[PDB]
Chemist: 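This entry shows echinomycin within the model.
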Amino acid sequence: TXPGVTXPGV
Amino acid sequence: XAXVXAXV
DNA sequence: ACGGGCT
DNA sequence: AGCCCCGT
Ligand SMILES: *C(=O)c1cnc2ccccc2n1
Ligand SMILES: *C(=O)c1cnc2ccccc2n1
C-alpha cells in the first residue's frame, strides 16, 4: 500500500 | 478491464 | 483474457 | 512491511 503501509493499487 | 496490477 | 507499484 | 485490491 502507500507509499507506505504504491496504492493499492498504482 | 480494470487497471489497478495488469491492464487488459 | 490479468498480474504492480515506493515510502 | 503493505487502508493488496478488479473490472469491460
Ligand atoms: C476487465 O474488465 C477484466 C475482467 N476480468 C478479467 C479476468 C481475467 C483476466 C482479465 C480480466 N479483465
Ligand atoms: C495487479 O497485477 C493485480 C493483481 N491482483 C489483484 C487481486 C485483486 C484485485 C486487483 C489485483 N490486481
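By convention in this document, chain letters (A, B, ...) are assigned in the order of the sequence lines, proteins followed by strands, and residues within each chain are numbered from 1. No hydrogens, no waters, no symmetry mates; every other heavy atom, side chains included, goes into these values. The deposited model was determined using X-ray crystallography, 3.2 Å. Non-standard residues: parent letter or X; surplus atoms excluded from contact counts.
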Chemist: What is the full set of ligands or chains that belong to echinomycin?
Modeler: chain B
Chemist: Which other chains are in heavy-atom contact (under 4.5 Å) with echinomycin?
Modeler: A, C, D
Chemist: Identify the name used for chain A in this deposit.
Modeler: actinomycin D
Chemist: Quote the name the entry uses for chain B.
Modeler: Echinomycin
